[PDB]
Amino acid sequence: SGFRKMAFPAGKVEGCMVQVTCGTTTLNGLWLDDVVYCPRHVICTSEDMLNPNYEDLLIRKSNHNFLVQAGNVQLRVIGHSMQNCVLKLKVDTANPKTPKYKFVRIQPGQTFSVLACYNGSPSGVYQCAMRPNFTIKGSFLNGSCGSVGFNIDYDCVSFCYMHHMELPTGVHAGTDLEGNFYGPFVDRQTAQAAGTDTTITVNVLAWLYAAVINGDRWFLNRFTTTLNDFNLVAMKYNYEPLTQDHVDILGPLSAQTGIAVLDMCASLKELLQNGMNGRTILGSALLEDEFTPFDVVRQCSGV
Amino acid sequence: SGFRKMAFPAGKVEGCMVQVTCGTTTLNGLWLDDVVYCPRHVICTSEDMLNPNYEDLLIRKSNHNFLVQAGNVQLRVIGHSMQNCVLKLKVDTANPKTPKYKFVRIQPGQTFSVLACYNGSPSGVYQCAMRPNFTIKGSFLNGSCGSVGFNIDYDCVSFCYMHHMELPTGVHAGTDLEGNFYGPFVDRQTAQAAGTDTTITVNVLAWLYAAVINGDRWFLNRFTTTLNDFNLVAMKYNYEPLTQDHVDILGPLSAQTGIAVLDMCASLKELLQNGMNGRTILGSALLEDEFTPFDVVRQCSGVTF
Ligand SMILES: *[C@@](O)(CO)[C@H](C[C@@H]1CCNC1=O)NC(=O)[C@H](CC(C)C)NC(=O)c1cc2c(OC)cccc2[nH]1
Ligand SMILES: *[C@@](O)(CO)[C@H](C[C@@H]1CCNC1=O)NC(=O)[C@H](CC(C)C)NC(=O)c1cc2c(OC)cccc2[nH]1
C-alpha cells in the first residue's frame, strides 16, 4: 500500500551525463554512442544570448572550441551539427554505457523522470508531468541546462525532455531530444510567459482513485453526472475536458474500486464547487494532477 | 527555482541490488563487496512467519540452501550469519560496482531515498522521511522486502534503511543495515500498531527558512523564546521537541537569512497558536515537515555527488 510521487531508477542515464563547456559557458550534455547532445545556447556568450543568430554563431566555431569532459577523461570533438535547439557534438569515443534508448515526444499530461545534473554530475531525480501549457514544475538551478527527462520500458530508455529555461513564474521549459521546444518558448534571454495553466482532469481522477484504494473515501458521494455535464463544470474551473479515451483509460481503477468513472466525476465536481474545507486527500490540501492513470495502477494494483 | 521532494541518483545502489531466495520465499538483498545483506525472514515459509524462531530455523539451513542472483547470474553462497533481523551471506564474487559506502542509523525527521526493488530489479525511487513514530510513508508492494534507503555524501552511499513490514494503517517499518528495527516492531506476520505520530519541528523550521530565502516572510515576528519554553509549547500541538543537534543543523540556514534559530521558533510558535489566517507559505496553507535543513540547502544550492 501507499502512494508516492515516484521516479524511474536513473542509473542508465547517469552513465550518459557529461559536461560541455564553450568559452565561459558550461552546462550538461547527454552522451549516447559517439554523440553528445546539449542545449545549443552553450555556444553563446552572455551578450549573444540576448538575441542569438545560432546558425551564424555555430559556423564561426571549431571542434576544439568545445570542451567535453566525462568525469575525468576529456572527449575529443570530431564534428558538430545543429538539430533545432540541440547541439550535436560528435566525439571520437562511443559511450560504453550507452543503454537501449529512443527519442520520443511526450504528450501533455504525461509524466516522466528528470535527472537534474550540474557540471555533468547527477544531483537528483524526481518525477514531472508535461502540463497542458507545455511547462513543467521542476527544481532547476543555474547550470541545470542539459538535464534530461525520460521514461523506462523494460530495458529501453525513452528520452523526452532536455532542460533549457526557467520562466519568470518559476516553472520550466525545454525541448524534446530533436531540439523542438515544448510550448511557444524560444531559447533567447528574455522573460517569457506560457499559456493558461489548465488542470489535467484525467490525472486528478486517477489520483482520487488512488486515495480510495488507500482507504480514504470522505470525498465520495451518491450523486452521478453525465460526461458532458461534468465537462461543463470542469471547463468552468479551467480543467481539461475528459474524453471517452480518458474514461476508458480509467477502467482498471474503476473495476478495482467498484466506483464508476462518472461516479468519481460527480465527486470531483462537488470538490471543485465546495472546496476541500480543511480536509486533505493523500496528505495534500490541493487536488493533485501530476499522477497519470498508469502511475496509479503501477503503485496500487493488487493493494 | 522550484521546490520538490527530490531523491538521490540511485545508480550506485542499483548496481548492488540482487535477489535472495530460500525455498519459495524471495526478496531483495544488498550486494556490497563479497557480502549480501537481506532480511532474515527469507528463510521462513509462509507458515513459519506466523511465529518464527529464527535461531532454530537458521540452524537447519546451510550455504547451499541460499539462492543469490544478480539478474539471472547466481552468486554461490560460501558463508552465512545472522545479525539481528538481517541475514549476511558471503558470496564468492566481490561486486565490481561496489561504491564507497557506510552503514548509518538515522534519526526521526531525517530523509532518505528509497530504491523500491522487486525480484532484485530496481523499479522506482522516491524520498521518505523517518516519522517520529519510526514509520515511513512509503509505497511498497508484495516482494519489496530488502529494498534499501540511502543518502549520498562524499561519493559515499550511507545506507540507513532496509524494508521489512507494512503496518495495518498502510505505513511501513524496517531496520538499519545492522538488522536493528526502527521503532518497536518485529519481523513477524502480525498486525502491529505504531505510536501516535507527531510533526517534525526541525523540518518545519527548515521549510520556514526556505520561504524566507524566497522572499516569503510575512510570518516573521518580533518575539524570541527559549529552547525549553518552545519545546513545552510545541508538544501541546503534537510537534516533536527540538534537540541541540536540531538547532545546530539549522545553523547554515540561520546564518544565510540572519534569523536566529530561537527567533524563528517564536515565529513558528505564533503560527501554531494563531494559525495562518487565510494565508499560505510557499504557496501552501499546510506546514511541510518532510524537508530537512540539508534538503532545503541541497535544493536551494544544487549540490552534486
Ligand atoms: C541553463 O542552465 C542555462 O545554461 C539555465 C536554466 C535555469 C537557470 C535557473 N534555473 C533554471 O532552470 N537556462 C537559462 O538561463 C536560460 C538561457 C536561455 C535559454 C538562453 N534563460 C532563462 O531561463 C531565463 C531568461 C530569463 C529573462 O531574460 C531577461 C527574464 C526573466 C526570466 C528568464 N529565464
Ligand atoms: C516483504 O516483501 C516480505 O518479504 C513484505 C512487505 C510488503 C508486502 C506489500 N507491501 C509491503 O510493504 N513484508 C511482509 O509481508 C511482512 C513479513 C514479516 C516481516 C515476516 N509482513 C507484513 O508486512 C505484515 C503482516 C501483517 C499482519 O499479519 C497477518 C496483519 C496486518 C498487517 C501486516 N503486515
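In what follows, chains carry the letters A, B, and so on, assigned in the order in which the sequence lines appear, proteins first and then strands, with residues in each chain numbered from 1. Header entry for method reads X-ray crystallography, 1.9 Å. Counting convention: from 1, in listed order, for ligands and their atoms alike.
At ligand 2, the PDB records name the drug as PF-00835231 (bound form). Within 4.5 Å of PF-00835231 (bound form, ligand 2), most heavy-atom pairs belong to the chain that UniProt identifies as 3C-like proteinase nsp5.
The other chains with any non-hydrogen atom less than 4.0 Å from PF-00835231 (bound form, ligand 2) are B. Close to PF-00835231 (bound form, ligand 2): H163(B), with a non-hydrogen atom less than 4.0 angstrom away. Here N142(B) has heavy atoms under 4.0 Å from PF-00835231 (bound form, ligand 2) in both its backbone and its side chain. With ligand atoms numbered from 1 in the order given, PF-00835231 (bound form, ligand 2) contributes 3 (C), 4 (O), 19 (C) to contacts under 4.0 Å with heavy atoms of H41(B). Nearest to atom 21 (N) of PF-00835231 (bound form, ligand 2) by heavy atom, out of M49(B), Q189(B), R188(B), is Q189(B). Proximity to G143(B) (heavy-atom distance under 4.0 Å) selects the following atoms of PF-00835231 (bound form, ligand 2): 2 (O). Of all atoms in PF-00835231 (bound form, ligand 2), listed by their number and element, those nearer than 4.0 Å to a heavy atom of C145(B) are 1 (C), 2 (O), 3 (C), 4 (O), 5 (C), 6 (C), 13 (N). Looking at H172(B) against PF-00835231 (bound form, ligand 2), only its side chain comes within 4.0 Å, counting heavy atoms. Per UniProt, the active-site residue of chain B closest to PF-00835231 (bound form, ligand 2) (non-hydrogen atoms, rounded to 1 Å) is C145(B), 2 Å.
Residues of chain B contacting PF-00835231 (bound form, ligand 2) are concentrated in UniProt domain Peptidase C30.
Using 4.0 Å as the cut-off, no other ligands or ions are found near PF-00835231 (bound form, ligand 2). Comparing heavy-atom distances from atom 13 (N) of PF-00835231 (bound form, ligand 2) across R40(B), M165(B), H164(B), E166(B) singles out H164(B) as nearest. The deposited model shows a covalent link between PF-00835231 (bound form, ligand 2) and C145(B) SG.
Only the backbone of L141(B) comes within contact range of PF-00835231 (bound form, ligand 2), with a heavy atom under 4.0 Å; no side-chain atom does. Site of PF-00835231 (bound form, ligand 2) with heavy atoms closer than 4.0 Å: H41(B), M49(B), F140(B), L141(B), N142(B), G143(B), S144(B), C145(B), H163(B), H164(B), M165(B), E166(B), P168(B), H172(B), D187(B), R188(B), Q189(B), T190(B), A191(B).
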